[PDB]
> 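This structure holds tigecycline. Let me ask you some things about it.
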Amino acid sequence: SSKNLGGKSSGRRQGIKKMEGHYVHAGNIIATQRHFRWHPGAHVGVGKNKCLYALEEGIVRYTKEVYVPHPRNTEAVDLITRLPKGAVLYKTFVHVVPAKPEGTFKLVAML
Amino acid sequence: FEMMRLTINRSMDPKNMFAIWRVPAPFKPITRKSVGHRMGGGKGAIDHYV
RNA sequence: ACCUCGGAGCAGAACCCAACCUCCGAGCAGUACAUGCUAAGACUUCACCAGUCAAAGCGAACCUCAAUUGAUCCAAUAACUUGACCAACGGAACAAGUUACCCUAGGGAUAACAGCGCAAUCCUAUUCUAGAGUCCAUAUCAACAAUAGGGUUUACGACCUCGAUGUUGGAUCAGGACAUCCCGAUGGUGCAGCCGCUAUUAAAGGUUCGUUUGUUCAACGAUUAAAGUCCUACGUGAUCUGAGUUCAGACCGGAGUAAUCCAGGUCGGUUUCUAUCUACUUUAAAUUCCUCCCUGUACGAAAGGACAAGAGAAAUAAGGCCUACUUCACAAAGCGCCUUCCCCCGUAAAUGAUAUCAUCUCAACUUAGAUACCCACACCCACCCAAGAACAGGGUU
RNA sequence: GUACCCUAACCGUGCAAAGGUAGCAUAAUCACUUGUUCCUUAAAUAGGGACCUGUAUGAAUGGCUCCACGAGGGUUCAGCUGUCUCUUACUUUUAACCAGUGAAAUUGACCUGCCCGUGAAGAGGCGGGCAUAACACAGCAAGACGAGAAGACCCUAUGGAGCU
RNA sequence: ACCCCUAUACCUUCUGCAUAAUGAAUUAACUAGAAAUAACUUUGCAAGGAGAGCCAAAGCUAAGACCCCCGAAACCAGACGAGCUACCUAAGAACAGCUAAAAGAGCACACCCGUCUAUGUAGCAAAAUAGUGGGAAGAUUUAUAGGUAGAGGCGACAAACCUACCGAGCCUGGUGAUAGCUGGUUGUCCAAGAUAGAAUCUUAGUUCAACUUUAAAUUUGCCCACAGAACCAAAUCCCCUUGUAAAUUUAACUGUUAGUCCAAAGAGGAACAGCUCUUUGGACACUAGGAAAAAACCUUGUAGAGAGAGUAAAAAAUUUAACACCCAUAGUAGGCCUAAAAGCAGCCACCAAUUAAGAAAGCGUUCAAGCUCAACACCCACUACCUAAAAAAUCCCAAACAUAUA
Ligand SMILES: C[NH+](C)c1cc(NC(=O)CNC(C)(C)C)c(O)c2c1C[C@H]1C[C@H]3[C@H]([NH+](C)C)C(O)=C(C(N)=O)C(=O)[C@@]3(O)C(O)=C1C2=O
Ligand SMILES: [Mg+2]
Ligand SMILES: [Mg+2]
Ligand SMILES: [Mg+2]
Ligand SMILES: [Mg+2]
Ligand SMILES: [Mg+2]
Ligand SMILES: [Mg+2]
Ligand SMILES: [Mg+2]
Ligand SMILES: [Mg+2]
Ligand SMILES: [Mg+2]
Ligand SMILES: [Mg+2]
Ligand SMILES: [Mg+2]
Ligand SMILES: [Mg+2]
Ligand SMILES: [Mg+2]
Ligand SMILES: [Mg+2]
Ligand SMILES: [Mg+2]
Ligand SMILES: [Mg+2]
Ligand SMILES: [Mg+2]
Ligand SMILES: [Mg+2]
Ligand SMILES: [Mg+2]
Ligand SMILES: [Mg+2]
Ligand SMILES: [Mg+2]
Ligand SMILES: [Mg+2]
Ligand SMILES: [Mg+2]
Ligand SMILES: [Mg+2]
Ligand SMILES: [Mg+2]
Ligand SMILES: [Mg+2]
Ligand SMILES: [Mg+2]
Ligand SMILES: [Mg+2]
Ligand SMILES: [Mg+2]
Ligand SMILES: [Mg+2]
Ligand SMILES: [Mg+2]
Ligand SMILES: [Mg+2]
Ligand SMILES: [Mg+2]
Ligand SMILES: [Mg+2]
Ligand SMILES: [Mg+2]
Ligand SMILES: [Mg+2]
Ligand SMILES: [Mg+2]
Ligand SMILES: [Mg+2]
Ligand SMILES: [Mg+2]
Ligand SMILES: [Mg+2]
Ligand SMILES: [Mg+2]
Ligand SMILES: [Mg+2]
Ligand SMILES: [Mg+2]
Ligand SMILES: [Mg+2]
């Protein structure tokens, strides 16, 4: 018998690839996730499988910030506009603190 | 449950005593395979509840 | 039954994590037509293949979804591109059955018998006191349920053995347990007696012949004091059998196109071994039934009808012997004759304290409660023997 | 569905090429199965006679009777007898002793005991106990998972072969 | 010399063998690791090297050093076989006696065959002997020659027979067939060394990873501080110190990829299994001591000699059931229901006299009647340990011991 079939898929190997304080170069994938567990913050972009990658080069910091969705996000705005007064949502965000300056001015000629 | 209910209902005095359960009805299902079956071949059908 | 892909649990919190584990799905659809080009940095389903995200830049504008899928060769095409339920989904370009006529290499890595583990099932004992038993739980039986035990069934597991652990019943010989079928002792009874029912103790002794069936079993006939339950590699095939069962022949019914097959029936069908080692090869106390009397007594309204004590007669079992009978004949035998001797423990009572009564006492205490056989020992060359395989032994006056 | 049970001469409906006819029948026949009844026996899962959709009989896959015949399978009367109750006696062979000649399978080494326990789960060899001078000859078959044949069943192998 | 003490042959195979798993009587002799691509080491020469050809952004040339033995059933080619047997051809031979005289007739020799039994089973015999049997004038038996041959013959189909193993003869060759399977694989000494997984006509194998080994180069590797990792338990991830000395990369390969118990979290099954499946962690497949013997439990690891010493783990404890004495009139057969139900079938109430008794707590009666408890008095005082089994098969199993200072 045993009429249950399927369920043989392997693990997705998702989750955090870069924790706190890890030095991260530009484009490095920080986290891979099936749902929005960690949200993109400062200098962190999100890819269409909801992956999180660094837009700048620096230090990964996880913070907890208030959640204000876009006014075109219909279901999220519905949850907001049904929330009770005095309450605010909080989400875990991922930031990259840029370590290097954008560039320097240096002498090249003595015209 | 039948042992408890019959014994207490027989021995109690319904004019000056009262009894209640503090245990819910049998809900957890216990399954038994067929008699003489070899190991494997799926999980057995639900037999009773505890 | 499944074989590929995805989601959830198992796997609670980085990752990963199995089962012929528990559930749910997938082999698309919809939009767009820049769903263009190019390129830092990364992720990765534990390998590889495959898969995934993406800054900047050029050029424009001002994708949803969870899986939704298939390598290489090769084929089609001018090119760009496009080809499998290759679903056994890392895919052989294209190949089914059957074999008891079978063969080989291996496997106790793996089944059948046996052992072992376990005890679901099976069996037993207790606890509880519903109920049945006119009344009455506990003379007897016993529901729901609990505790404990056994290893006789059917399984389940796959640990020894496949460079063989031979098999069902039967013969022969039995060893053991007691959860006793009979005989012994005792307590209770809804035990008047005879019979019973139930429980405690007892394993010395015993436990039949036949018809059908290969049967273990089962049914039936005739008895008996009883015709026990088991274990012993379902005791025992280098002691036997081979009726059955699962080799080669064949038939019937059925299945299949056929070969062939049936956990269906039927007829037939080779059972080897010179014993090396261990072990062993003469250990004298017997039980039971029946008859008579007790006695038509006890008991009982009657019908029925004992237990003790004692006498006799057998039967079997063990040991032995030939007077007669019988097979037979300087003798060996049974179908014949002779002999056969102790208890056994469950409990029932007396006195009497802890507890100045009582109380049978895990109180001190009282009562019920073997002998036999054998026994000396360089006459020995040789002969004889009721002694003996050889050896040994007895006699030789 | 239809004549108290059973059973339909009967009616209705559907499919097929035809819907098993005569005969026999619990079979050398799937399960029921030791079918029911009579004979045979003291007693019958046997044998013979009868009934019977045989729910899987059946007509040259030949059906059913019948005369002879059969080292075919089954039953039986009577007799016979050691088949047995229940075994005994003798002779021959074998046997055992003396003499002559003289193999084979087997064999890790052995100075090769019993009980209980243990352990790759059944011990001569391990643990605890018990027993124990040495060595021949005859006999037995309980054990040495005894000897023989790289299991005749079962499974495996991208091993074979015969047949359809 | 034995007696005392210690001590479960070896090889292979395996999760694990004293195993009652394999092989081996013993002696002597014979009998099993062949090589490339690269790499590494050591030379020579060097932007070139090599005795043409080739390679070259330090290379090239030369050397060293590395890859076993035995075994199938089979398949094909060419020969040799019908002096046995299957069938056939040529020409022969045998069949007493009796019934009836005709017969694929009957009894029955010779003769042919082989039904049943027993013996034999390395035998007398690689199929026999003894008795018992079927046939014995025919589709019989038999001597001689010849024929049909293997992708075949021949067959009154047994898939029989074809020179003593014919589901396809035998011999030679291909051939040293092939074997993911079994067996075996030979001096000494030291060192490092234990198992995530994925694919696969694959699960008895292999390739990649993982682990392991060697040689190099380099700098961090393990242990970890705070802060940090999500909505719908134990812990882990990350990680500076600190304690330590390893780690990564480069080069070159093998082998392991058929796994056991224990503790923990779970799953399947019976909240069975010395069961099966994952995960974390030990131990085992390596030593020693202990738990009796002993894989997996406990103690302990780095090697030798000693007739020294301190220790680790390390020896099971329990023995259970006495419980009072004395007393009892009565308002009433409380009311209702019922034939009666009287304290006691079922209902309502539960007052009330004696000093002190429930309009009755058990029994017991058809109902009654009866006898115990609760109550007076009595008195020393309720004396009150609050606990509980037994079975199997050869023969119980160390001997024993309560009392000399941890
Ligand atoms: C003992 N008999 C009944 C027998 C039984 C089986 N089957 C079993 O193993 C069955 N045993 C169980 C019941 C399963 C435990 C058997 O498998 C066999 C045989 C017989 C042999 C005879 C063989 C014979 N040789 C070897 C003595 C022979 O030469 C021939 C012949 N006709 O040439 C054979 O047929 C023979 O080899 C053979 O096939 C036998 C068996 O296979
Ligand atoms: Mg999953
Ligand atoms: Mg998986
Ligand atoms: Mg990867
Ligand atoms: Mg861009
Ligand atoms: Mg496949
Ligand atoms: Mg595949
Ligand atoms: Mg056959
Ligand atoms: Mg074989
Ligand atoms: Mg078994
Ligand atoms: Mg009652
Ligand atoms: Mg296993
Ligand atoms: Mg075997
Ligand atoms: Mg052997
Ligand atoms: Mg053997
Ligand atoms: Mg008893
Ligand atoms: Mg047996
Ligand atoms: Mg034997
Ligand atoms: Mg055979
Ligand atoms: Mg015959
Ligand atoms: Mg024999
Ligand atoms: Mg021996
Ligand atoms: Mg004939
Ligand atoms: Mg001699
Ligand atoms: Mg033993
Ligand atoms: Mg002897
Ligand atoms: Mg074999
Ligand atoms: Mg394979
Ligand atoms: Mg094994
Ligand atoms: Mg051992
Ligand atoms: Mg031995
Ligand atoms: Mg063996
Ligand atoms: Mg051995
Ligand atoms: Mg083997
Ligand atoms: Mg081939
Ligand atoms: Mg000829
Ligand atoms: Mg004739
Ligand atoms: Mg004749
Ligand atoms: Mg045939
Ligand atoms: Mg055949
Ligand atoms: Mg080879
Ligand atoms: Mg070492
Ligand atoms: Mg595969
Ligand atoms: Mg393989
Ligand atoms: Mg296991």
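To find a chain, count down the sequence lines: A is the first, B the second, and so on, and within it residues start at 1. All values below come from the heavy atoms of this structure, side chains included, with hydrogens, waters and symmetry mates left out. As a textbook-style caveat: the illustration shows part of the entry, and contacts are counted within that part alone. Indexing begins at 1, ligand by ligand and atom by atom, following the structure's order.
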> Identify all ligands or chains assigned to tigecycline.
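The relevant parts are ligand 1.
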> What's the chief binding partner of tigecycline here? Just the name from the PDB entry is fine.
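The chain with more contacts than any other is 16s rRNA.
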> Mind listing the other chains that have a non-hydrogen atom under 4.0 Å from tigecycline?
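Other chains under 4.0 Å (heavy atoms): C, D.
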> What is the organism of origin for RNA chain C, per the PDB?
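According to the deposit, it's Homo sapiens.
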> State which other ligands or ions come closer than 4.0 Å to tigecycline.
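Those are ligand 19 (magnesium ion).
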> State the binding site of tigecycline (non-hydrogen atoms, cut-off 4.0 Å).
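The heavy-atom site around tigecycline is C/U167, C/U246, C/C247, C/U270, D/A152.
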